[PDB]
K.L.:
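This structure shows PRN1371 in complex with Fibroblast growth factor receptor 4.
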Amino acid sequence: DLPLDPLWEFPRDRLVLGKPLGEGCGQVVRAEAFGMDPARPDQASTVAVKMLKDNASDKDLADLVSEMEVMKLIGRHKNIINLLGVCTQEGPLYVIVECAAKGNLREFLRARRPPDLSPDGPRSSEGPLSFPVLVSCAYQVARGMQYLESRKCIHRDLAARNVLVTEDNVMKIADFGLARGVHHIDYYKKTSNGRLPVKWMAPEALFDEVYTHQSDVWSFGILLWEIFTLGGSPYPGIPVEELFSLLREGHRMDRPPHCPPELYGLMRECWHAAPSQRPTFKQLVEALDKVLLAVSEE
Ligand SMILES: C=CC(=O)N1CCN(CCCn2c(=O)c(-c3c(Cl)c(OC)cc(OC)c3Cl)cc3cnc(NC)nc32)CC1
């Protein structure tokens, strides 16, 4: 059956599968792994494991294998979900990646929105989220995307919900190696979560089925809006039908409340019609870095 890759192959009996982590289009499971670091063979670690759905066609198998091989080639970076190991021999196909304890960025932000709350303590009107951390989140997603771009990897669905947050609040770009079938997209279809993925698509991607890294930049611009709305849904109260014509008329989202003009400027820059007139991820990393270092250091 599948070829043995000793560099990545991990003994399946060293896995202890646990509770699911989400939906997927295979099954994702939180698992316990022993000896992932071969220097510490009896040391436990929490990982994420992707497997095949019950009654999976040969396509579902080919998709996961394809996704497995993409992650091998892209390599390691602190701001993406990294491949840890695989199980290809003598049993079902397992793909083992890093686990993000705090879930996706959208839920992270929404669950940490600021407080008519009865004031206790010295910091009652002080929410968990502060401006510099928000910028840091944006900066990390940018650096992560930059790495992917350098690996000639286009995400095609960059969004706050496709960014994962670790125990130490590190942003990791999720699901970057998926074959999402961009020729059969139901633009009207609303996900289980209530999301309309069409709201993250660049015009050249939506209208012309053209994806580039500049297409991801457009998406990143939408992600920027999500961050500083603390998990707000883009184009509020606009159904897909209206979004079509609005985008054709060149409509853009308004400046969100409590958002400095520097960042709304970057958003609008990412939403420039001409892809060449949008910033690169390298420029985004640099721009966001300047804002990050401009914080008051007491
Ligand atoms: C697409 C529709 C959908 O409805 N959904 C539900 C939400 N979404 C679940 C997040 C659960 N989840 C993953 O899918 C992965 C993960 C990632 Cl990103 C990979 O990218 C390359 C690859 C991979 O296998 C190869 C795994 Cl297994 C890693 C991961 C780490 N941590 C956590 N904790 C919540 N959850 C993860 C999966 C997509």
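Since chain A takes its numbers from the PDB entry, the residues it shows come out as 453-477, 479-568, 571-753. This deposition comes from X-ray crystallography, 2.3 Å. Order of listing sets the numbers, starting from 1, for every ligand and every atom in it. Heavy atoms only: backbone and side chains are in, while hydrogens, waters and symmetry mates are out.
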K.L.:
Please list the residues near PRN1371 (ligand 1), using 4.0 Å as the heavy-atom limit.
P.N.:
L473, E475, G476, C477, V481, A501, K503, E520, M524, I534, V548, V550, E551, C552, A553, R616, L619, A629, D630
K.L.:
If we only count N/O pairs under 3.5 Å, is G632 in contact with PRN1371 (ligand 1)?
P.N.:
no
K.L.:
Would you say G476 and PRN1371 (ligand 1) have an N/O pair spaced under 3.5 Å apart?
P.N.:
yes
K.L.:
What residue, among UniProt active-site positions in chain A, has the smallest non-hydrogen distance to PRN1371 (ligand 1), and what is that distance rounded to 1 Å?
P.N.:
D612, 7 Å
K.L.:
Distance under 4.0 Å to a non-hydrogen atom of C477: what atoms of PRN1371 (ligand 1) satisfy this?
P.N.:
1 (C), 2 (C)
K.L.:
Where is the nearest protein heavy atom to atom 28 (C) of PRN1371 (ligand 1): which residue, which atom, and how far?
P.N.:
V550 CG2, 3.6 Å
K.L.:
What is the UniProt domain of chain A where most contacts with PRN1371 (ligand 1) occur?
P.N.:
Protein kinase
K.L.:
Check PRN1371 (ligand 1) against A629 and write out every atom of the ligand that is under 4.0 Å from a heavy-atom position of the residue.
P.N.:
18 (Cl)
K.L.:
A553 heavy atoms, cut-off 4.0 Å: which PRN1371 (ligand 1) atoms fall inside?
P.N.:
30 (C), 31 (N), 32 (C), 33 (N), 34 (C)
K.L.:
Ignoring hydrogens, tell whether any protein atom lies closer than 4.0 Å to atom 10 (C) of PRN1371 (ligand 1); use the non-hydrogen atoms only.
P.N.:
no
K.L.:
Considering only heavy atoms of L473, which atoms of PRN1371 (ligand 1) have at least one such atom less than 4.0 Å away?
P.N.:
11 (C), 32 (C), 33 (N), 35 (N)
K.L.:
For atom 36 (C) of PRN1371 (ligand 1), what's the nearest protein heavy atom and its distance?
P.N.:
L619 CD1, 3.7 Å
K.L.:
Of all the non-hydrogen atoms in the protein, which one sits nearest to atom 22 (C) of PRN1371 (ligand 1), and at what distance?
P.N.:
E520 OE2, 3.2 Å
K.L.:
Please confirm whether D630 comes within less than 3.5 Å of PRN1371 (ligand 1) when only nitrogen or oxygen atoms on both sides are compared.
P.N.:
yes
K.L.:
Closer than 4.0 Å to some heavy atom of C552 - which atoms of PRN1371 (ligand 1) meet that?
P.N.:
30 (C), 31 (N)
K.L.:
Identify the protein heavy atom lying closest to atom 30 (C) of PRN1371 (ligand 1), giving its residue, its atom name and the separation to 0.1 Å.
P.N.:
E551 O, 3.1 Å
K.L.:
Write out the residue and atom name of the closest protein heavy atom to atom 7 (C) of PRN1371 (ligand 1), then the distance separating them to 0.1 Å.
P.N.:
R616 NH2, 3.3 Å
K.L.:
As an exercise, identify every atom of PRN1371 (ligand 1) less than 4.0 angstrom from a heavy atom of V481.
P.N.:
11 (C), 12 (N), 13 (C), 14 (O), 27 (Cl)
